Amino acid sequence: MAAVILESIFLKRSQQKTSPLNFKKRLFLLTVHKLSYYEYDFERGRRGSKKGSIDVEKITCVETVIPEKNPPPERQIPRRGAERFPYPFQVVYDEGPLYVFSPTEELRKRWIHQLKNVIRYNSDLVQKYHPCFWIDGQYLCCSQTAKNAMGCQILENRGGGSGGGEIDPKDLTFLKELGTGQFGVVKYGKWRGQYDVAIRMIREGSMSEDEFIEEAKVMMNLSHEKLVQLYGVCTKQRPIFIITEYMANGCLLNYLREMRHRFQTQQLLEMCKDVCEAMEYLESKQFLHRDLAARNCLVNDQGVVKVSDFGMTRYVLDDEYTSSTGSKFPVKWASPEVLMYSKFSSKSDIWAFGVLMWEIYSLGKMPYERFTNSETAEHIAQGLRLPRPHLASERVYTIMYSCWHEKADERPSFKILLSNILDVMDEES
Ligand SMILES: C[C@H]1CN(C2COC2)CCN1c1ccc(Nc2cc(-c3ccnc(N4CCn5c(cc6c5CC(C)(C)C6)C4=O)c3CO)cn(C)c2=O)nc1
Ligand SMILES: [Zn+2]
């Protein structure tokens, strides 16, 4: 008994090369599972038989379509403010694009919104799309001769949807606790009892909410297989929620400290590759993490590590964590220029990444265990560096050691570190 999210009568266009285009009226049903269209008995006002359906999980984008240059009377905007259907929108999926015409502009805006609410958790959401129709075996925007051609224009939002990231909490279900972080409790749940999600309940007074909500517009569009995805936010309540991807195995630091796993060195290097891939992607987007550490990484059910809580440090209101000398400040992961002058940059993240590799190959051991936070800050500025873990070969140690140079300009980039890791994987394996 799946809930029907919407119910409307649309003008569905047939999906073809030399075949004729036919438009027919259909009743579309939208659920969390499928998007189906039926025949409609208008005289009896009754839904007819089913003529087709599309898997929700297979939809990659929903957006409007540039109207036709010379449409027929049935699909023209009226000259004077279920007969007319002059407002089209497209649903992109493997089986080419489905084109649906709406009678009113407001109705089209409601379906694109609800459709996005239903596909925002899909893993195949695209960042490009064809803003024009597909006619004569070709696209009118790019002239590609394949319905599965890569999008020719950039979408304003990942997966379409034209805020757009406002998830309604009535469809969320809390099922299990996941602990507490800097912003409060985090729980495991499902959206419409289907898509697994993690719900971050932000304690009031712990986050600069207004500043983050402005950045969530950009973080939502960031997507990488090794990056914990941000789905949306719930900001019409107290406290607000942040819906993100769910990671079953949890924190990486704890994951490394369970001696039962008995990791192989190949597994440890794969963890470094996963993180490096995510940082390289953030590096390409001018995005900084500012707090890279094993504690801030997560592991999924398949043992894949993903970077999480990237850029969230700029909104922490706790001074004990923001101040360079606060008890919560990550002194043991900060570069000398950060502790001395607060000079943050991509190279400061490279330093933390080198410490992250040291944590992975040390199986969650605290760095500079014999030193306190104050003792570490004074000694790392003099030349104190972490030793080579026992499970780390000399070549692997050379990679993490290169991240700890005195001059930030002398440290490698995430693009070079990935090449170094991929090189070791190809030789030491
Ligand atoms: C593995 C099982 C084991 N289980 C035992 C077995 O019986 C009990 C307990 C549960 N446990 C478990 C399972 C799954 C998960 N998954 C998730 C955890 C978290 C999570 C939870 C609590 N605190 C945090 N942190 C920690 C980091 N951080 C936070 C906010 C900020 C930071 C850094 C900052 C200062 C920049 C700001 C922050 O919120 C996080 C990471 O976001 C987030 N996401 C998306 C998840 O998917 N975690 C734990
Ligand atoms: Zn195109």
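Chain A uses the PDB entry numbers throughout; the residues present, in order, are 1-16, 19-83, 95-175, 393-659. Method on record in the header is X-ray crystallography, 2.1 Å. Numbering of ligands and ligand atoms starts at 1, following listing order.
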J.: Can you remind me what the drug at ligand 1 is called?
T.: GDC-0853
J.: Would you mind finding the main macromolecule in contact with GDC-0853 and telling me what it's called in the PDB entry?
T.: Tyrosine-protein kinase BTK
J.: Using a non-hydrogen cut-off of 4.0 Å, what is the binding site of GDC-0853?
T.: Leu408, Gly409, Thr410, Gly411, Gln412, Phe413, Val416, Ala428, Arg430, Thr474, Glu475, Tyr476, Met477, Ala478, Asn479, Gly480, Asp521, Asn526, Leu528, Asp539, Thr543, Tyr551
J.: Most residues of chain A in contact with GDC-0853 fall within which UniProt domain?
T.: Protein kinase
J.: Can you list the atoms of GDC-0853 that are under 4.0 Å from a heavy atom of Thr410?
T.: 22 (C), 23 (N)
J.: Please identify the active-site residue of chain A, as annotated by UniProt, closest to GDC-0853, and give its minimum heavy-atom distance rounded to 1 Å.
T.: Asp521, 4 Å
J.: Tell me which protein heavy atom sits closest to atom 34 (C) of GDC-0853, plus the residue, atom name and distance to 0.1 Å.
T.: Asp521 OD2, 3.9 Å
J.: Using distance alone, decide if GDC-0853 has a nitrogen or oxygen within less than 3.5 Å of any nitrogen or oxygen in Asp539.
T.: yes
J.: Considering only protein heavy atoms, which is closest to atom 40 (C) of GDC-0853, and at what distance to one decimal place?
T.: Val416 CG2, 4.3 Å
J.: Using a strict 4.0 Å cut-off to heavy atoms of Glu475, name the atoms of GDC-0853 that fall inside it.
T.: 45 (C), 47 (O)
J.: Under 4.0 Å from atom 22 (C) of GDC-0853, can you find at least one protein heavy atom?
T.: yes
J.: Protein heavy atoms: any of them under 4.0 Å from atom 9 (C) of GDC-0853?
T.: no
J.: Return the residue, atom name and 0.1 Å-rounded distance of the protein heavy atom closest to atom 24 (C) of GDC-0853.
T.: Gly411 CA, 4.1 Å
J.: Protein non-hydrogen atoms only, distance under 4.0 Å: does atom 5 (C) of GDC-0853 have such a neighbour?
T.: no
J.: Does the protein put a heavy atom under 4.0 Å from atom 16 (N) of GDC-0853?
T.: yes
J.: Considering both backbone and side-chain atoms of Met477, is one of its nitrogen or oxygen atoms within less than 3.5 Å of a nitrogen or oxygen in GDC-0853?
T.: yes
J.: Numbering the atoms of GDC-0853 from 1, which are under 4.0 Å from a heavy atom of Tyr551?
T.: 35 (C), 36 (C)
J.: Counting from 1, what GDC-0853 atoms have a heavy atom of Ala478 closer than 4.0 Å?
T.: 1 (C), 13 (C), 14 (C)
J.: Which of the atoms of GDC-0853 are close to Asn479, meaning less than 4.0 Å from one of its heavy atoms?
T.: 1 (C)
J.: Would one find an N or O of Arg430, backbone or side chain, under 3.5 Å from an N or O of GDC-0853?
T.: yes
J.: Could you check which UniProt Zn(2+)-binding residues of chain A come within less than 4.0 Å of GDC-0853, heavy atoms only?
T.: none
J.: For atom 49 (C) of GDC-0853, what's the nearest protein heavy atom and its distance?
T.: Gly480 CA, 3.6 Å
J.: Could you pull out every N or O of GDC-0853 that sits under 3.5 Å from a protein N or O, with the distance for each pair?
T.:
{"unit_1": "GDC-0853", "atom_1": "16 (N)", "unit_2": "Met477", "atom_2": "O", "d": "2.7"}
{"unit_1": "GDC-0853", "atom_1": "23 (N)", "unit_2": "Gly411", "atom_2": "N", "d": "3.4"}
{"unit_1": "GDC-0853", "atom_1": "28 (N)", "unit_2": "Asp539", "atom_2": "OD2", "d": "3.4"}
{"unit_1": "GDC-0853", "atom_1": "42 (O)", "unit_2": "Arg430", "atom_2": "NH1", "d": "3.1"}
{"unit_1": "GDC-0853", "atom_1": "42 (O)", "unit_2": "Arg430", "atom_2": "NH2", "d": "3.2"}
{"unit_1": "GDC-0853", "atom_1": "42 (O)", "unit_2": "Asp539", "atom_2": "OD2", "d": "3.1"}
{"unit_1": "GDC-0853", "atom_1": "47 (O)", "unit_2": "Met477", "atom_2": "N", "d": "2.8"}

